[PDB]
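Cocaine bound to Sodium-dependent dopamine transporter.
By convention here, the chains are lettered A, B, ... following the listed order of sequence lines. Heads up, chain A uses the PDB entry numbers, so what you see runs 25-163, 207-599. Since chain B takes its numbers from the PDB entry, the residues it shows come out as 1-134, 139-219. Quick note: numbers on chain C are straight from the PDB entry, i.e. 1-214, in order. Numbering of ligands and ligand atoms starts at 1, following listing order. All values below were derived from every heavy atom in this structure, side-chain atoms included, with hydrogens, water molecules and symmetry-related copies excluded.
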Amino acid sequence: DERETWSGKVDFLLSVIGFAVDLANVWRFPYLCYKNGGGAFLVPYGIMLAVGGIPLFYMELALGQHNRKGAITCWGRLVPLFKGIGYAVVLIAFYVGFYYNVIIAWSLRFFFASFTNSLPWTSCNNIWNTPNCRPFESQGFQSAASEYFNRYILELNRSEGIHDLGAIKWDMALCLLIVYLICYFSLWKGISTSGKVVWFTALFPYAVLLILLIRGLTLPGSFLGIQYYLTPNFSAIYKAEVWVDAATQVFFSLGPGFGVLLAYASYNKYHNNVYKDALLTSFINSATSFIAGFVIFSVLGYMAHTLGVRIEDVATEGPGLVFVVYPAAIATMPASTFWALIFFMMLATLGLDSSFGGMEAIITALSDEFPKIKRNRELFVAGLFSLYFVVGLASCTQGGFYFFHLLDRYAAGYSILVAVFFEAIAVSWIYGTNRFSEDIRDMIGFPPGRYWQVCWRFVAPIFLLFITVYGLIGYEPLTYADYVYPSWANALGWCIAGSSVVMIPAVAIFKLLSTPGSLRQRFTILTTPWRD
Amino acid sequence: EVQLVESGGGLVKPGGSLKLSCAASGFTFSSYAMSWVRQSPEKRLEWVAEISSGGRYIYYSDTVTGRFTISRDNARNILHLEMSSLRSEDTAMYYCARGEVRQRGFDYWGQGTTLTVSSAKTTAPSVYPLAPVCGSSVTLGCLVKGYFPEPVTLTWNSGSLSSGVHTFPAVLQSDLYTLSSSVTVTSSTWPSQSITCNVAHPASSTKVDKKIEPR
Amino acid sequence: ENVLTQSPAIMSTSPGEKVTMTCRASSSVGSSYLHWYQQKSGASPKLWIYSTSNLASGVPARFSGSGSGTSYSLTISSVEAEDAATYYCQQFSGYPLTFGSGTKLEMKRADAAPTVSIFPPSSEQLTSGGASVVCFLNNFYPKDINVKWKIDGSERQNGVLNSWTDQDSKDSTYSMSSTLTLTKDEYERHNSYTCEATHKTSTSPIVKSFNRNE
Ligand SMILES: CC(C)CCC[C@@H](C)[C@H]1CC[C@H]2[C@@H]3CC=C4C[C@@H](O)CC[C@]4(C)[C@H]3CC[C@]12C
Ligand SMILES: CC(C)CCC[C@@H](C)[C@H]1CC[C@H]2[C@@H]3CC=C4C[C@@H](O)CC[C@]4(C)[C@H]3CC[C@]12C
Ligand SMILES: OC[C@H]1O[C@H](O[C@H]2[C@H](O)[C@@H](O)[C@H](O)O[C@@H]2CO)[C@H](O)[C@@H](O)[C@@H]1O
Ligand SMILES: COC(=O)[C@H]1[C@@H](OC(=O)c2ccccc2)C[C@@H]2CC[C@H]1N2C
Ligand SMILES: [Cl-]
Ligand code: NA
Ligand code: NA
């Protein structure tokens, strides 16, 4: 019966808040508003959030709290045929850990290089620069902040592709180690410790965002950036691509299918209200990105005014925004050293809490499956983080970014789309919504409304299929800058993307072979829950 | 047969005005539409203005409206481009290009004239020799530092020896250009003989010749 | 305006191999109104391919092109050294007229180690109050090379002006010039100078040093 529980109610929430809110909040959402017509983009965003994202977010949190056990066992007890979902969901998170942590390493690497009052990325006269360098972003040229991030920090110019990784940056390897050391000691003991640590990692960004919002809006031309941000264009509502970006962002911003929400909620009390938790968490996540947009664009508008740079050049997504564009502006304004330290520390704290969840989803799921793992929990995560750090050295190479960009697209790619798709179908059809509503009623006291039941069985599979289809329509071979990945690199990634998905039919097929009977009895044997 | 040359152009302060002219020969000039195309230092072509054969049809691609006025004189066969309110982003090499037929594009281009728009002021280059240190062959070079604006001309021994000479392009730093050139030659010549670096920056009227001393 | 995007911006090729550069538009362009140009280094552009198909005057038969709508391509049958240049596509379909971002073609060759030489500041310069050390790196491939100024035994960053050269018409290698600029006094307080190159040719850098007391 007994399993440990959170040491507080707030600890669970901030743990989920932290996991959900990451660099993608800062570096993708604000760009989507600018690109898709501003404040008008909130309309498809809100709708897709309402019908697509939150019901799926609600589902995992509900499933986790009810079955009270990790990802693999949860789907094992729910639909024994589909237990492979529990395997796919875990090793997806296992793949992400090989790359995602290198972003935090960059943040610390910048944070460490941020002790000085003359910032190294301001000037074009340094040793790592080239004639194409310009003080700020320009068409056809390279910014000083750019050449610092590539030719110095990453040393990416040493590499011709993914076939050549080059030497190993040991300043990066040190930064990566520190990250895992922080992760190890936080995640070491159960939620009695890691649950407390998130009080920093989750809250501290809001502290920095506050003082960066004040600093941002006070800059000359800050109001100009806000217009580039929220100025409504409703012509984009008719555009199908906008509905795809809104649907994709909503789905990825709150992650289902890493088993994290499933694991995190599994430590909640049975009669805890997980419906209010899902609503509170989802809102804060969306609210964070909205606020973060003001921070970015007030500074982006400051650049387009006083620094005389095109808004098209400085408006960007991905790591390029926070590691190049944004620090370039910081250096220009007074007390630059202060804004630099809190920003790169914020980036680090934005990465850590997320990494906590992803790893915890692996630990908890393997702890409930294999009893021997719960004993000597650290012996497991030491060997786990060792394997991560050893392979993580490849991310610390000169061709490290080429490796990072590969796993970013594939590991976390369509793998998780078809995984969550089978999650909704298994629950709402195979397991049934009647059972799911009955379970939720027994927990929070009341059953889900008619709205939530329709979304789960009908809207959500369409919602995910709508994204998956237009993702494949819009498929191109993986490329970065002018470098096109070799066809064996794309193939390797699809295996990484497929090694998860393949768990669904495999574990299903392997289970049928171990059951007695003709096809008709054994499949009702495998669709029978653990509560019978 | 067909020849297009571009006159005018040079250093102009922001807000200033300048007029470019294009001399045409080898064809009937009144029968073809002319167009100004400028090339930015980033090596990226941008169309500016088109004028018809009779000059009754004018098209402006605009970062440029109302600042530029394209003109045509079919009597003397000259193409004019009048500029005003110039700023830094107007800095480029302006080409005089022709074509009448939109379906065939621009079939003939001129040599081009260079326009530099900056608040920076003209300075004279200080050129320096580079002495090697106390082999089958020896490398020697000439450093040209702190000048504006481009361009300068660098030759070795009054522009006699070609081979083994690498002239590096100028790089702008703090409104000042720095340039260098390397020449490799056998140690049988040097110091068998006298090597001389020849630098010319017409804008600043500074023409300098440097002798190389191993000391 | 209709923006033309060319891929790829820089392309390396061995003579005799096929090459294809693509030109894509934001708006659909009439197949008759698209044109191509070749611009040699330090020279004026020249009409190369007009109306997506027909070659211009003087253009060898090795060149070809195809496309329609928002997608067009230029193809050279078998590349010769004479074909090294930057290629710009163009649309006349509607004003304002526009050019592609451009595709720069460069020749590939055997990897060559650089020849590094270090030059102390000429005393004629020291009288002016400045001191600048120059490091020449000549005849190497590929284009990207990295210089390190370590004045012994610490490395200095700022005050360094690097300049490459366009790809050459015969060796098909490159050359780079690193200039470390200081004042008179900072040159005096310190000991010796050194610039060396990390290249693909060798995992071990090529070092050049001279000391003021020798
Ligand atoms: C736009 C940003 C800043 C705020 C995010 C808006 C979110 C929090 C809002 C917008 C639309 C809202 C939803 C509208 C419809 C319903 C159906 C109702 O039976 C339960 C609440 C629920 C599910 C709302 C939850 C909160 C909601 C999703
Ligand atoms: C920087 C400005 C604009 C926004 C600041 C956001 C802060 C104030 C918000 C965002 C998330 C919020 C927290 C979310 C979780 C909980 C759990 C709840 O049981 C107590 C309140 C508490 C602890 C909230 C306190 C206030 C909070 C920290
Ligand atoms: O802004 C960075 C400051 O330290 C730099 O040195 C590097 C170098 O890798 C090593 O000394 C250590 O790892 O610290 C930094 C990491 O970038 C330079 O000394 C200067 O750029 C700055 O003082
Ligand atoms: C790479 O996948 C993610 O970034 C997700 C998540 O990250 C992970 O799932 C994860 C898994 C393993 C290691 C690190 C992160 C954090 C936030 C919430 C969803 C999404 N992200 C926006
Ligand atoms: Cl978001
Ligand atoms: Na996070
Ligand atoms: Na998020």
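All instances of cocaine are found at ligand 4. In this entry, the other chains with a heavy atom less than 4.0 Å from cocaine are A. UniProt numbering, N terminus first: transmembrane segments of chain A with heavy atoms less than 4.0 Å from cocaine are 1, 3, 6, 8. Source organism (PDB) for chain A: Drosophila melanogaster. With a cut-off of 4.0 Å on heavy-atom distance, the UniProt-listed Na(+)-binding residues of chain A close to cocaine are: A/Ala44, A/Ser320, A/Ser421.
Inside a radius of 4.0 Å around cocaine, the other ligands and ions present are ligand 7 (sodium ion). The residues lying within 4.0 Å of cocaine, counted on heavy atoms, are A/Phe43, A/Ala44, A/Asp46, A/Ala117, A/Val120, A/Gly121, A/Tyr123, A/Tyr124, A/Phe319, A/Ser320, A/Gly322, A/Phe325, A/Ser421, A/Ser422, A/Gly425, A/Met426.
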